[PDB]
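A deposited model with posaconazole.
Note that chain A is numbered according to the PDB entry, with residues 45-528 shown in order. Structure determined by X-ray crystallography, 2.9 Å. Whatever order the structure lists them in is the order used to number ligands and atoms, beginning at 1.
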Amino acid sequence: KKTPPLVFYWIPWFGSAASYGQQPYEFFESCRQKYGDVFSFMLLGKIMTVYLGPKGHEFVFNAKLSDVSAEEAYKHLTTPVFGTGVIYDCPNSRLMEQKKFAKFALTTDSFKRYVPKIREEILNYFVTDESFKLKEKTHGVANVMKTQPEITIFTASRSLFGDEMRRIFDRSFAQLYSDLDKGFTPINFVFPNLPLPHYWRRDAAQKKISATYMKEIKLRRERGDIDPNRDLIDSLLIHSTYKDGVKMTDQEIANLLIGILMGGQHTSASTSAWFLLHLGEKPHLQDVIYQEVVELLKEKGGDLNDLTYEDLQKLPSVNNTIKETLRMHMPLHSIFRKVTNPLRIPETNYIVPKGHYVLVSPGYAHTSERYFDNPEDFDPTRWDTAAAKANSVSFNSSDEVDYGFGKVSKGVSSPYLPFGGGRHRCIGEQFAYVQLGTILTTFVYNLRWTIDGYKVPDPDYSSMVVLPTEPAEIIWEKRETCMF
Ligand SMILES: CC[C@@H]([C@H](C)O)n1ncn(-c2ccc(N3CCN(c4ccc(OC[C@@H]5CO[C@@](Cn6cncn6)(c6ccc(F)cc6F)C5)cc4)CC3)cc2)c1=O
Ligand code: HEM
């Protein structure tokens, strides 16, 4: 009566890892139907306490700074991958402000600039890459698991870092990111640093990529032109001063960029991968977006005026599509807080011993039939003339709160929380809809793809983000054959 019911573990230290590791939303539901909303289950030595539904969103995201802590849970996943000093390798208050700094490059004025850039890179890929080669080919097959992470990393790189850094990638140093990218695996949670080639190439890579950003930060500064609020590198050059007057070192700034680049790239890659495969099973939907985009362009020329950020606003169908994939495949299937003081689940007789791991999964409610009718059908129409990414789209108090990076909703009690809530809330929400929006609109305008006498592959949950199975590929044709 004082603790949540810990459950059976197939092999004990191993715990429920396979059932949960194989499918969390299924595993969660099986327990719910005979224990209720909260229950514990052990995993890799660490036992896991879960709270399902909106109320579990409140108890976790809105937990006091003293009761839980995300630094503890994420430290080894990120630090060895990004670097020291920043993001979970520092007090919470340092993290909060590092958000404030970064947000200055994620504003409406930046976004208007980012869209043409982001589109321009996509068009580079359509031509130069073997997957498409639109200039010479009219048919094609694209492995979305290859293309999307490359398109996402090139688009993010160009928007947030600039054109000098995007030209540096055209080289072998591209490799260094593949090596650091491999370092970013849930295998870190338990194995942070081992002596085999993987971990060495990963530490080496980090230090060389950190140097690359340090040198560009250096020159961009001394050269003396950091004036346009061009990007994320500019905004950290001018804002990197904490409350107390302490100032981030340039290596620390460099590690933050790496953190944010890889952080944003993985999540956004999944979602673009997923709405390509899903849009491919239902090509009817692609033509909905295509008609809407052409009607917006108006009378002649494929586009009367190349599509802008403001225009991206006027396209509910594009935005509704992004909301549906984030519902059906929230890249982050489970979010953790390590418990630092015993917690008294209210409207309950439970204490969560200190030292347990607290797991919240908005994705469950997203996939849940208890909260969405026909939850496993890809139907973006369910968003009824409501294309907003977020608002207090659910109940309880939704008044505002400031944790040090801008005022944010107090109430997190919604079934749909793809970007989370509370202090660790995502700051990249609007950058994603822009980036993904531009990828989507650029894709349908030039290509019409399909899905090979089949339907969407089963998701793999064994990595950072929820990704598709190995033979994941779309077969494209051209909506207009002659353009160069
Ligand atoms: C079946 C055999 C079995 C045995 C074991 O072999 N087995 N096999 C396989 N598995 C297996 C494999 C994996 C798991 N994982 C459980 C834990 N999951 C996970 C996912 C995401 C996480 O997020 C980390 C942070 C959160 O915020 C981010 C992200 N972000 C938000 N916006 C942008 N980025 C962030 C923030 C800000 C930044 F600036 C940067 C950032 F990055 C980073 C944390 C944890 C992964 C799956 C479980 C089981 C097994 O159990
Ligand atoms: C669809 C794409 C994205 C999704 C679904 C997403 C989702 C989330 C979620 C759920 C969290 C909360 C994690 C937690 O509570 O522990 C989060 C945090 C965060 N995200 Fe994102 N994110 C996305 C893209 C981005 C991008 C593009 C950036 C940067 C440009 C970004 C930066 C962050 C940061 C800095 C945090 C805060 C980490 C913390 O407070 O501990 N995310 N994101």
Which components of the model should be assigned to posaconazole?
ligand 1
Give, by chain and number, every residue with a heavy atom within 4.0 Å of posaconazole.
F58, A61, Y64, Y118, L121, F126, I131, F228, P230, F233, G303, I304, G307, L376, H377, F380, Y505, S506, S507, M508
